[PDB]
Amino acid sequence: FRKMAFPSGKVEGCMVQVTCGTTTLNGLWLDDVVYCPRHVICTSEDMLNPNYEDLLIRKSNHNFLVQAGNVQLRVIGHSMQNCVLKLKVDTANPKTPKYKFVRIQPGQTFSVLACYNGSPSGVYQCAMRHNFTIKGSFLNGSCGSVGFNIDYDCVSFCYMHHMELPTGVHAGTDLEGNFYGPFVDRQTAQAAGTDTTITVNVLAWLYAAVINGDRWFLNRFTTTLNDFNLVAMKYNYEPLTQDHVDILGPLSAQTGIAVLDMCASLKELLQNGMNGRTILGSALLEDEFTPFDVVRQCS
Amino acid sequence: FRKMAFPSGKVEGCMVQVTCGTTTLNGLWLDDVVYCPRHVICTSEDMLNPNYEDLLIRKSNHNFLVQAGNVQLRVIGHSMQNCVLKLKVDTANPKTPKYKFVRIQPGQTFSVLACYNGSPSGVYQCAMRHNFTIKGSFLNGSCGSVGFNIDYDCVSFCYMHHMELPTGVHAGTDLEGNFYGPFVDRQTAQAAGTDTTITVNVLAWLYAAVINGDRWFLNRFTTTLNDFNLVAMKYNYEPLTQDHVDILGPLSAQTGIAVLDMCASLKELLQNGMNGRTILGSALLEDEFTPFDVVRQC
Ligand SMILES: *[C@@](O)(CO)[C@H](C[C@@H]1CCNC1=O)NC(=O)[C@H](CC(C)C)NC(=O)c1cc2c(OC)cccc2[nH]1
Ligand SMILES: *[C@@](O)(CO)[C@H](C[C@@H]1CCNC1=O)NC(=O)[C@H](CC(C)C)NC(=O)c1cc2c(OC)cccc2[nH]1
């Protein structure tokens, strides 16, 4: 079981670079709009304490350099939506895929296409942590890189990169410019909330073990969802939502193990430990495979 | 610090589906040639012990159905090079990238674009292990998926997928059709040689952990190269060469930890264990990052 990204080609064809003054980052070119982080309009000094509505009044269309490779796309309009800038360009991208903009929940995974100067560099899978950070791999010039899932050739864009925290994890927005978590696009040291283990994904991992014949941890007990949530919080595990219970439905049906029965097995694991045993070869419980990832790989 | 694959778009544009009778797998369409595993010509019966030259002479161009998304490509010629079939088509692939075929050495990494029915499905990083297997994620229908590296828009293809061993590791060929390792394209259970750990990669990864602010495994000791290799061979690690020491130079300079100091640290980890602790999130010593992988990403 390994972390697999989606093929990145459909997103590669949408990556551009956006420069204002000397400040350069990446943008996403879909139809005749380029989406990028709004702090491109800031000078290094401005980012310390920017007033974005005031910085944007000073900008005109002709202040924006949008390039696909070294080919300039002329900007014919601009607007600000939350923390993203939308630049209307005179050319509709012929490589635009079928797409949607979606806001994901904590625990969900997505592929990140890390980009520099408009040029894709690498691709890897990330999980949104419950403190709304991702454990990415980003260097200077990576802002505007995007995260996505692909469902039957439709690209659901869910992340645009803005920030590296002092702890080394990363934070960003959806494609409507709304940050995940309590972060702000200022050049300031911000701290994330305490992380928690992603319970719904640990349960997915346990189903994956069962599918593969590794089922020693299945016990004879069950639990209510409220009782489980109150115990889980004492082990720094996230409480389950109704949506979590329902996305475990397919794996529960496939194995015949009720969701709440698996919760009872996890509860026993948390209270008593692995006792030196392993699950899928590992002494650690994995929390960055979603139920979707598990079926995506298992079947 | 993450296992990071190359962007796969240049390879996606080359994946096609190849069908012979009841048998289907993936092919790689470059210019006017489709490369695919030769066992596509085998029925279930043939695959137990196939005489590939005999089976191929009995095939016609029309026996090969090649589909690129929706379009069907007319096969106008075919030849076999070792375990790889080369289907000449009457259409050149307009999306062919600048490319090369290379054969990689153990320890080197590459990106895998896992495909099913000629449609790309996922991308992830693999390393060619010392026993010439790879730890991949491949299901039924994945044969003909390829591995590659990308250097300034040139795709260097190094792997075509053929088989999953009983242990769950994977085996395949270069794009000349020569297997990595002692494996053969017959429907049999095959074991690999002993899996020595790629030492220079474990050391590169320990440097990655320091560059990302983790030092708990460092120590005040040093070791000679030979004394380290004695311990390495005892734990079935590959002996470290002076070329390996040289390749680790940049990470040592960037970090200020001499290579032999990091070897003393790895020696301690091999002798004491990790004592329940973790490095870069891993409970195990990671051996699938090369020194270049660490430099490029950091
Ligand atoms: C984008 O590339 C910027 O356009 C960049 C990406 C990060 C650089 C290193 N890795 C990354 O992911 N973003 C930034 O530099 C942002 C810019 C803001 C939103 C205006 N700033 C930070 O990520 C940032 C600032 C500070 C800081 O200050 C002082 C102190 C500590 C951490 C920190 N991160
Ligand atoms: C291909 O896709 C075939 O076109 C398939 C890929 C594997 C299936 C499951 N995961 C994979 O990576 N490859 C095979 O099925 C090959 C075909 C050979 C080369 C003709 N066979 C095996 O991988 C294989 C056969 C046997 C076996 O026999 C008996 C016993 C144990 C393991 C095993 N693997």
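For reference, chains are lettered A, B, ... following the sequence lines as listed. All chain A residue numbers match the PDB entry; in order, they span 3-301. Shown for chain B, in order and in the PDB entry numbering: 3-300. We use all heavy atoms of the structure for the numbers below, so side chains are in, but hydrogens, waters and symmetry mates are not. Numbering of ligands and ligand atoms starts at 1, following listing order.
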Chief contact partner of ligand 1 - name in UniProt: 3C-like proteinase nsp5
Drug identity - ligand 1: PF-00835231 (bound form)
Heavy-atom contacts under 4.0 Å with PF-00835231 (bound form, ligand 1), by chain: A
Heavy-atom nearest UniProt active-site residue: chain A, PF-00835231 (bound form, ligand 1): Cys145(A), 2 Å
Min N/O separation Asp187(A) to PF-00835231 (bound form, ligand 1) under 3.5 Å: no
4.0 Å heavy-atom contact, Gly143(A) with PF-00835231 (bound form, ligand 1): yes
Polar proximity PF-00835231 (bound form, ligand 1) side, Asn142(A) side, N/O cut 3.5 Å exclusive: no
4.0 Å heavy-atom contact, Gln192(A) with PF-00835231 (bound form, ligand 1): no
Organism of origin for chain A (entry): Severe acute respiratory syndrome coronavirus 2
Modeled covalent bond for PF-00835231 (bound form, ligand 1): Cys145(A) SG
Location of contacts on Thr190(A) toward PF-00835231 (bound form, ligand 1), heavy atoms closer than 4.0 Å: backbone
Majority-contact UniProt domain of chain A for PF-00835231 (bound form, ligand 1): Peptidase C30
Within reach of PF-00835231 (bound form, ligand 1), part of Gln189(A) (heavy-atom separation under 4.0 Å): both
Contact atoms of PF-00835231 (bound form, ligand 1), heavy-atom distance to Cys145(A) under 4.0 Å: 1 (C), 2 (O), 3 (C), 4 (O), 5 (C), 6 (C), 13 (N)
Other ligands and ions less than 4.0 Å from PF-00835231 (bound form, ligand 1): none
Proximal atoms of PF-00835231 (bound form, ligand 1) relative to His172(A) (non-hydrogen, under 4.0 Å): 12 (O)
Sub-3.5 Å N/O-N/O distance, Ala191(A) and PF-00835231 (bound form, ligand 1): no
Pick from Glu166(A), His164(A), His163(A): the one approaching atom 34 (N) of PF-00835231 (bound form, ligand 1) most closely through a non-hydrogen atom: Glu166(A)
Site residues for PF-00835231 (bound form, ligand 1), heavy atoms under 4.0 Å: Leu27(A), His41(A), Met49(A), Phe140(A), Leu141(A), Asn142(A), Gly143(A), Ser144(A), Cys145(A), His163(A), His164(A), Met165(A), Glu166(A), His172(A), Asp187(A), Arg188(A), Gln189(A), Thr190(A)
